[PDB]
Structure formats: C-alpha cells, structure tokens
Q: 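I am attaching a structure below and will ask some questions about it afterwards.
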Amino acid sequence: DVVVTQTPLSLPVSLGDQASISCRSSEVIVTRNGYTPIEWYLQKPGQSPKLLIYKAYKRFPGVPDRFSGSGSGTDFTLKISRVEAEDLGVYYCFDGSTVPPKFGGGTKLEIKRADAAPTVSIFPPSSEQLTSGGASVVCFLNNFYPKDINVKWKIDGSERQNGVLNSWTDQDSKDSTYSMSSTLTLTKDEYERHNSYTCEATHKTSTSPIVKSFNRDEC
Amino acid sequence: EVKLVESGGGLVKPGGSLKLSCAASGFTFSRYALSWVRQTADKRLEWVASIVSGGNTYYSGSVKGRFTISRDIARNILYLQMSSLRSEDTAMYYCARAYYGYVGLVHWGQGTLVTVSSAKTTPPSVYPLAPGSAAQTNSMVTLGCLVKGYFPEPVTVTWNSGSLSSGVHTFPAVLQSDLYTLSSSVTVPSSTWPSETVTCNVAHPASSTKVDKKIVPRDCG
Ligand SMILES: C[C@]12CC[C@H]3[C@@H](CCC4=CC(=O)CC[C@@]43C)[C@@H]1CC[C@@H]2O
C-alpha cells in the first residue's frame, strides 16, 4: 500500500495567474507498459470527479491546453497556466502504480478576489418551532471573501459557545464569494428567559465586528 | 455517449448488507475495466474495487472479504455487493469506466449515497425564517428556511417550486447527534414580499416527506 501526499491543502490563485499542485508518492512510481500511472482529476462543486491528465502528462480529450502535467519518481505536479473562474474546485492526483491505486488527499483551488464583507441577517425562532419546545436563532452571512470568519453568539450580552452549528457553501464560480450559516439552538424555556440575541461577525475586512440582533420581546 | 448511473444506496444498519447497481450504456460493457470509487465526508477519494474485462476482481484492504464486485454482461449492469457494513463504509459511491486498459477513470456517474448507522430515519422539521418587522428596509430582503431533525441525507430545497432560483444559498447539512440540520436563504426585492408569496419546498426521499412552508412576516399583531 503506497501513500500519496498532496500539497497544498488549499490554493488561492488570482485569475490569469498560474496554479501549481504537487503530489509525492511514498514510493517510486512503478511504470506500466513504460508510461507512469499518474493521473489528475478535478471535481467541481456538486459534480462528479473528471479526468484531466493521465499517464502523468497526457491530456484527456476536451481538457484545455491550459492544463499540463509533469513530474517523475514520486514527484508529480499539475500546472494551470492561467487560471479561469471555471477551474474552481478540488483537484486530486491518482497513483495507480500498484494495487490498491491511491488518491492524493485533494487540493481545493480557490479563486482569489477582492475582499468583501458579508451581508448579515439574523432570524428569531419561528412560532411553529417554539410551539414544539425548540428554539433556533439563525444568522446568514452571505457573499464574503476571504473565507476565514468568526461568528460569536451573544445572549443578553454574554458569549454562547454550546449549541452552535455552522456551515459554509463551496466558493461560487459566479462571484468567487463564500456564504455561511450559523445556527444557535436552545430550549424554548431559555429563549424566553432572555431578551437580546446577536451574532457578531469578525471578518478580515473590518476590525469592527458586523453585528445583527433583535429582542425576543419585539417586532 | 458513455453513461454510467448508480443506484441502490440508502440507510443500512452496521453488519448489514446492501447491493449497489451501476447501469452502463454507450459502449461494449465487457470490453472495459469497471471500478467503484467512494468519497467520504472529508471529500477524500478511495478506490474500492475493480473488475477487468478478464473478469478478474480486486479490492481495497478495508473492503477485502466483505464486498464483492461483479457484472451482468447481458443486462449491462455493474454491481457492488456489500456486507458486514461498518460505519466506515458511509460515503458516496461512484462507478467509473477505465479510459482503456488500466488507464484513467472516466464517465463517473452522479453517484449513490450509502449511510451506515443505527439512527432511525426521521422526517425533517421545516421552519420559516422571517426578518425583524420592517424597520431595517433597503431595496432587498433576505428570507430563509430551516430544515432540522431529519435523517438520513439527502433532502432537497427549492423556492416557489423552482420559480425562485436566483439569490439562493442552500447550506450543506450538518450532523449533530444522529440528526441533520440544513438551511437555505433567499434574497428578494423588499417590495415583492410579503406582497407576493415566497415559499420553500422541502423534500426528504428517505421518509417520503414533502413540505412547503410559506414565509410569513413575523406576527407583530
Ligand atoms: C481503476 C483502473 C482499473 C483497475 C486497475 C487500475 C490500475 C492498477 C490495477 C492493477 C491490477 O493488478 C488490477 C487492475 C487495477 C486495480 C486502473 C486505474 C484506472 C482504471 O480505471
């Protein structure tokens, strides 16, 4: 069982710039009928993986010449001449030298764009959910960049750590931005025991956290 | 056109067995080597098994002895028999055709999902997400839908049956203690809501559940 190491885990690149992804095999590649069993795949958001390069440097039909593969002995590199928005997604190298063939851990190619702060929205629990004893406060943070972001939940002023559920979307190819959802779940009993609810978002774009909130006792 | 389509995935209890199918079309079924590759939550890809035109089969260590890949040349269907299913088997299973010989994995299908767990199928609860009154009004307004407490994946969400498709952000489900929660937001001109209806449609195949939730502005008497 060989081991295929891929670098880096994330590769931010500006459109027009060059992308470089590499894979090292914990063992010298075992040639097959001469050629090297090295291949590269791209899985775009919500799509199945697809073949880009095989035999280490051969372009599967349909793949732009902007894509090229090279390398030798345990060291192999995927290069994208001038990255285009549509290249966005996760790349994988494949080493089928021996059974079992192995995949690198993948590299998320990220399109670099101008920093953009999130449009934040907060939503109190719904009547229907309260009637059921639950209480979830929701905060949407949409269309921002970079992806790194801090979201703090404050109830009546104090920071709540337990009961939060965050989720990010993949990077959108249309605008290169990320969107995120943060859900604070509580008991109906507690929600009604406090008044103020706020999600604070700290984003590179501002030392001033963007804040959104509401009072449980209002409209 | 080459086309491979997976089916058979679903929720199964550990130790259980499940057989996956992959319908092939557009080529000489027995001519190429067919493989099964799975993708775990961490999006990592792991080769599962392959069967070459020679009939010879191969498996990955974790699979060996539990899974069996086979083909019905006549019906043009590739199978993957699974047994002693471990939690570790939960993943999206894809079948692919070699480009030729032992070179490349192409025409992967959309995949079929396999969830191995003890938790029981649970219908989602769909809650509407309405703003805070009106005072905070710009030209746009963002609404949403919370879908929580369902199991297993997947669930689908659409807005206005699909009529509303722009300005939507649906977030990947998060599993918190045997139950998933997912949310979807939509932004529309503040002048069109609540004048015109905004409803999210949520479907959960696993439980044959289908719910439409109208987003109504907060009580406010
Ligand atoms: C999976 C695959 C078909 C099965 C091939 C694999 C290359 C390595 C290999 C060596 C063997 O001895 C059996 C067949 C396998 C396991 C090929 C890589 C691409 C192709 O689709």
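Order of sequence lines = order of chain letters (A, B, ...). Sequence positions for chain A are given in the PDB entry numbering; the residues included correspond to 1-219, in order. Chain B is numbered as in the PDB entry; the shown residues are, in order, 1-221. Start at 1 and go down the list; that is how both ligands and their atoms are numbered.
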Q: So what drug did they put at ligand 1?
A: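 PDB records call it testosterone.
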Q: I'm curious which macromolecule has the most heavy-atom contacts with testosterone (ligand 1) - what does the PDB entry call it?
A: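 Most contacts: anti-testosterone (heavy chain).
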Q: Hey, which other chains get a heavy atom under 4.0 Å from testosterone (ligand 1)?
A: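 Counting heavy atoms only, the chains are A, B.
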Q: Starting from atom 6 (C) of testosterone (ligand 1), find the nearest protein heavy-atom neighbour and note its residue, name and distance.
A: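 It is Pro101(A) CG, 4.0 Å.
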Q: Using a 4.0 Å cut-off to any heavy atom of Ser50(B), which atoms of testosterone (ligand 1) qualify?
A: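 Counting atoms of testosterone (ligand 1) from 1, those under 4.0 Å from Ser50(B) are 1 (C), 4 (C).
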Q: Which testosterone (ligand 1) atoms are under 4.0 Å away from a heavy-atom of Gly96(A)?
A: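 Under 4.0 Å from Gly96(A), testosterone (ligand 1) has these atoms: 7 (C), 8 (C).
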Q: Where is the nearest protein heavy atom to atom 11 (C) of testosterone (ligand 1): which residue, which atom, and how far?
A: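 The answer is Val99(A) CG2, 3.4 Å.
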Q: Using a 4.0 Å heavy-atom cut-off, which part of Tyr58(B) comes near testosterone (ligand 1): side chain, backbone, both, or neither?
A: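 It is the side chain that gets close, since no backbone atom is under 4.0 Å.
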Q: Given that the side chain starts at C-beta and the backbone is N, CA, C, O, which of these parts of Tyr99(B) lies under 4.0 Å from testosterone (ligand 1), counting heavy atoms, or is it both or neither?
A: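 Contact part for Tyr99(B) vs testosterone (ligand 1): neither.
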Q: Identify the molecule name that the entry assigns to chain A.
A: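 The entry lists it as anti-testosterone (light chain).
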Q: Under 4.0 Å, heavy-atom basis, I'd like to know which part of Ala98(B) is in contact with testosterone (ligand 1): side chain, backbone, both or neither.
A: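 Answer for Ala98(B): both.
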Q: How far is atom 14 (C) of testosterone (ligand 1) from its nearest protein heavy atom, and which residue and atom name does that atom have?
A: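 In this structure, atom 14 (C) of testosterone (ligand 1) has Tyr102(B) CE2, 3.4 Å as its nearest protein heavy atom.
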Q: Within the structure, does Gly104(B) bring an N/O atom to less than 3.5 angstrom of an N/O atom in testosterone (ligand 1)?
A: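 By distance alone, the answer is yes.
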Q: List the residue and atom at the covalent anchor point of testosterone (ligand 1), or write none.
A: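 Covalent bond: none.
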Q: Nearest protein heavy-atom contact for atom 1 (C) of testosterone (ligand 1): which residue, which atom, what distance?
A: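 Protein heavy atom with the smallest distance to atom 1 (C) of testosterone (ligand 1): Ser35(B) OG, 3.3 Å.
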Q: What part of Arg32(A), side chain, backbone, both or neither, has a heavy atom within less than 4.0 angstrom of testosterone (ligand 1)?
A: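 Only the side chain of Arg32(A) comes within reach of testosterone (ligand 1).
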Q: Within 4.0 Å (heavy atoms only), which residues surround testosterone (ligand 1)?
A: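 The heavy-atom binding site is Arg32(A), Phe94(A), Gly96(A), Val99(A), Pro101(A), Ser35(B), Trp47(B), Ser50(B), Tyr58(B), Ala98(B), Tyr102(B), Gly104(B), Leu105(B).
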Q: Can you pull every nitrogen or oxygen pair between testosterone (ligand 1) and the protein closer than 3.5 angstrom?
A:
| residue | atom | partner | partner atom | Å |
| --- | --- | --- | --- | --- |
| testosterone (ligand 1) | 21 (O) | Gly104(B) | O | 2.9 |

